[PDB]
Chemist: 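This structure shows pemigatinib in complex with Fibroblast growth factor receptor 1.
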Amino acid sequence: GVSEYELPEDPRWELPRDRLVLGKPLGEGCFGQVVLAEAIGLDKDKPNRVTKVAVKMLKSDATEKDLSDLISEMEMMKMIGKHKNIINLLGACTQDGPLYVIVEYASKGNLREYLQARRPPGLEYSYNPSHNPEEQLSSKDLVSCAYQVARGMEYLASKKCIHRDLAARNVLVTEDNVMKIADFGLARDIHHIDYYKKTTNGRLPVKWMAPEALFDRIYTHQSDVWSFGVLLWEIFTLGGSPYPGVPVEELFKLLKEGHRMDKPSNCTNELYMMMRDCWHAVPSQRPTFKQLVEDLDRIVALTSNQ
Ligand SMILES: CCN1C(=O)N(c2c(F)c(OC)cc(OC)c2F)Cc2cnc3[nH]c(CN4CCOCC4)cc3c21
């Protein structure tokens, strides 16, 4: 029972449950549930204002370890602090019920789904799967997505945070088209990892791992930079799947032999070189997120929004 555990109450973050008006499901995961909610008076200055938020909670079959992870993720987000380009912590409910972790809500879904819905019916992209498509994104908008994500990672890096699974599905898009990085404070599994098991959404996270993380389970900022390269490829394929036609068992040998993904049809040479630099075999030779932010900042200014 949740009453049988000692939940860490933080007065600065604590919100009464009856201030939340729970709504539609936002998605699932390992053992966590996330719902949409309306928070009444999230800010003490405006107690009569409503704010759309996302609420994460434990499922019916959650164990003691799951609770420990959810708390761990919450306290981690506290320590890392706030940034525009990450999913921020807004509050928590630790009393009179199950643990609720309140975070920012992104209404336009993850980056893969966001981009796929805005795929032009053209030659250079796969088909738009959305039955209700949205307006095509400009070239500047695409580089802008990359910059924002890189900026968020640059911040997380400065807070000694290693994401270990940076991907398009782990980036969320707000109503104002702001890119926000998700799941950056997840507890690392203490057991060895299944290279072949899919996520609840059918994704193979193996395809984002750097070679050193893949072969020796070594995770650094440099390995995140590798992942950012794969994300860059995802953006300019508008939500494409990494290494098309390549099975996981063959991905081990291919990567070691120096094989990398081809440049997407709609992608500048300069942006592809950036992917390749991120995909450098030697971790120390990959660019830092600081350098990535500086380049992408320059490229955004020079990229046409026409
Ligand atoms: C992918 C599910 N999800 C989360 O997992 N969130 C989340 C969270 F609850 C959380 O609790 C600690 C930590 C996170 O990373 C820091 C999160 F990203 C916050 C979060 C915020 N907005 C979201 N929007 C969506 C997708 N919806 C689906 C249908 O409604 C429109 C879009 C998922 C989602 C969402």
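We number chain A the same way the PDB entry does; the residues here are 459-764, in that order. Reckoned from all heavy atoms, side chains included, excluding hydrogens, waters and symmetry mates. Just follow the structure's listing: the first ligand is 1, and inside any ligand the first atom is 1. How was it done? The header gives X-ray crystallography, 2.5 Å.
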Chemist: I'm trying to map the binding site of pemigatinib - which residues have a heavy atom under 4.0 Å from it?
Modeler: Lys482, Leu484, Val492, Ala512, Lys514, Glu531, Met535, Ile545, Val559, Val561, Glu562, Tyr563, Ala564, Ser565, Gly567, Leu630, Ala640, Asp641, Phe642
Chemist: Which of the UniProt active-site residues in chain A lies nearest pemigatinib, and what minimal heavy-atom distance separates them, to the nearest angstrom?
Modeler: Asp623, 11 Å
Chemist: Taking 4.0 angstrom as the limit and counting only heavy atoms of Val561, give me the atoms of pemigatinib inside it, by number and element.
Modeler: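 It comes down to these atoms of pemigatinib: 7 (C), 8 (C), 9 (F), 10 (C), 11 (O), 12 (C), 19 (C).
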Chemist: Identify, by atom number and element, the atoms of pemigatinib in contact range of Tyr563, meaning under 4.0 Å from any of its heavy atoms.
Modeler: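 Taking each heavy atom of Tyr563 in turn, pemigatinib has 21 (C), 22 (N), 31 (C) under 4.0 Å.
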Chemist: Got an N/O contact under 3.5 Å between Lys566 and pemigatinib?
Modeler: no
Chemist: Identify, by atom number and element, the atoms of pemigatinib in contact range of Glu531, meaning under 4.0 Å from any of its heavy atoms.
Modeler: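 Going through pemigatinib atom by atom, the ones under 4.0 Å from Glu531 are 12 (C), 13 (C).
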Chemist: For atom 26 (C) of pemigatinib, what's the nearest protein heavy-atom neighbour? Residue, atom name and distance, please.
Modeler: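 Here the nearest protein heavy atom works out to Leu484 O, 3.7 Å.
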Chemist: Looking only at protein heavy atoms, which one is nearest to atom 34 (C) of pemigatinib, and what is the separation?
Modeler: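 Nearest neighbour among protein heavy atoms for atom 34 (C) of pemigatinib, to 0.1 Å: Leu630 CD1, 3.8 Å.
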Chemist: By UniProt annotation, which domain of chain A has the most residues touching pemigatinib?
Modeler: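 By UniProt annotation, Protein kinase.
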Chemist: For pemigatinib, which atoms, with element, lie under 4.0 Å from some heavy atom of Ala512?
Modeler: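 With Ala512 as reference, the close atoms of pemigatinib come out as 19 (C), 20 (C), 21 (C).
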Chemist: Which of the numbered atoms in pemigatinib are under 4.0 angstrom from any heavy atom belonging to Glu562?
Modeler: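 Result: 19 (C), 21 (C).
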Chemist: Name the UniProt ATP-binding residues of chain A with a heavy atom closer than 4.0 Å to pemigatinib.
Modeler: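 Per UniProt, the ones with a heavy atom under 4.0 Å: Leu484, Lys514, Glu562, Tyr563, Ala564, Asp641.
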Chemist: Provide the number and element of each atom of pemigatinib under 4.0 Å from a heavy atom of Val559.
Modeler: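 Those atoms are 12 (C).
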Chemist: Quick one: look up the protein heavy atom nearest atom 14 (C) of pemigatinib and list residue, atom name and how far away it is.
Modeler: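 Ranking protein heavy atoms by distance from atom 14 (C) of pemigatinib, first comes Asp641 OD1, 3.8 Å.
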Chemist: For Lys482, counting its heavy atoms only, list the atoms of pemigatinib lying under 4.0 Å from any of them.
Modeler: 30 (O)
Chemist: May I ask you to check whether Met535 has an N/O atom sitting below 3.5 Å from an N/O atom of pemigatinib?
Modeler: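 No.
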Chemist: Measure from every N or O atom of pemigatinib to the protein's N or O atoms and keep only the pairs below 3.5 Å, writing each with atom names and distance to 0.1 Å.
Modeler:
residue: pemigatinib; atom: 15 (O); partner: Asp641; partner atom: N; Å: 2.9
residue: pemigatinib; atom: 22 (N); partner: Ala564; partner atom: N; Å: 3.0
residue: pemigatinib; atom: 24 (N); partner: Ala564; partner atom: O; Å: 2.8

